[PDB]
Amino acid sequence: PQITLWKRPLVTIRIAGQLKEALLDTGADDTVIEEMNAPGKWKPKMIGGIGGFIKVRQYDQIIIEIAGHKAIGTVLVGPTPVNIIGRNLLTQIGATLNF
Amino acid sequence: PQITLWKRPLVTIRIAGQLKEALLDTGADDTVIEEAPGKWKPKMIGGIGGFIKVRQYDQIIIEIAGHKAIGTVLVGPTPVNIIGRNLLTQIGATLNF
Ligand SMILES: CC(C)CN(C[C@@H](O)[C@H](Cc1ccccc1)NC(=O)O[C@H]1CO[C@H]2OCC[C@H]21)S(=O)(=O)c1ccc(N)cc1
């Protein structure tokens, strides 16, 4: 798809069988999701955003379908204003900015 | 141009002759930069880690990667300068995959 930016670039993702809405976020290095049902082991991590730092659970090697395209990578689970798909997974699905 | 996302999508911007680097950010509703005169309205914007207080300037002419845009620029303690959707739309930016 070609996604214009008059509205928030929100898409449906599928992550461990669950459907969620997430924001395609070119300003995000990392992918941050509010909650997820992955059975794997995880590691505690901290990340900073515009407002300060948060604690997240780092899951590696998570399978996620982003608007039909498969990605397999790191997902951070913690408090975000909205689920964000960052560059670590945008690169995988072949996303570029074009103007 | 086409900008891949292997690295942070940073471009040069220019305000009133003043050069800065800024992130082309589809996740940001509005453009926010760290640096002053003119009329401005108080605003708060939030993301990971909470909210920051910013000054809202309207109808600012900015040049983004060589393309002129006119619109809202927020000014405040953002850790990175951010070109948001309000101005990305004006330079005809899309996300493609
Ligand atoms: C979280 C989004 C819904 C909104 N953010 C835009 C976002 O692209 C920021 C933009 C950003 C970029 C760098 C530093 C702070 C904010 N990225 C971000 O928080 O990414 C985090 C996840 O990956 C990490 O990589 C960078 C920070 C971490 S935001 O910066 O808070 C923001 C919110 C409102 C406006 N108007 C402008 C910006």
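In what follows, chains carry the letters A, B, and so on, assigned in the order in which the sequence lines appear, proteins first and then strands, with residues in each chain numbered from 1. Just follow the structure's listing: the first ligand is 1, and inside any ligand the first atom is 1. Side chains included, hydrogens not; waters and symmetry mates left out as well; all remaining heavy atoms used.
- Drug identified at ligand 1: darunavir.
- Most heavy-atom contacts to darunavir: the chain the PDB entry names Aspartyl protease.
- Using a 4.0 Å cut-off on heavy atoms, the other chains next to darunavir are A, B.
- The nearest heavy-atom contact from the protein to atom 14 (C) of darunavir is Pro79(B) CG, 3.7 Å.
- Nearest to atom 27 (C) of darunavir among the protein's heavy atoms is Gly48(A) O, 3.2 Å.
- Closest to atom 18 (C) of darunavir, if we only count protein heavy atoms, is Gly27(A) O, 4.0 Å.
- At a 4.0 Å cut-off, not a single heavy atom of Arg87(A) sits close enough to darunavir to count as contact.
- Across the listed options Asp25(A), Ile50(A), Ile85(A), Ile84(A), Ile50(A) owns the non-hydrogen atom lying nearest to atom 29 (S) of darunavir.
- Residue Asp30(A) places at least one N or O, backbone or side chain, under 3.5 Å from an N or O of darunavir.
- Residue contacts with darunavir: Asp29(A) is placed with a nitrogen or oxygen under 3.5 Å of a nitrogen or oxygen of the ligand (distance criterion only).
- With non-hydrogen distances under 4.0 Å, the site around darunavir consists of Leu23(A), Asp25(A), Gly27(A), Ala28(A), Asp29(A), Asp30(A), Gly48(A), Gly49(A), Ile50(A), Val82(A), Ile84(A), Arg8(B), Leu23(B), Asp25(B), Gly27(B), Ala28(B), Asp30(B), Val32(B), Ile45(B), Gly46(B), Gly47(B), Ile48(B), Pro79(B), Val80(B), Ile82(B).
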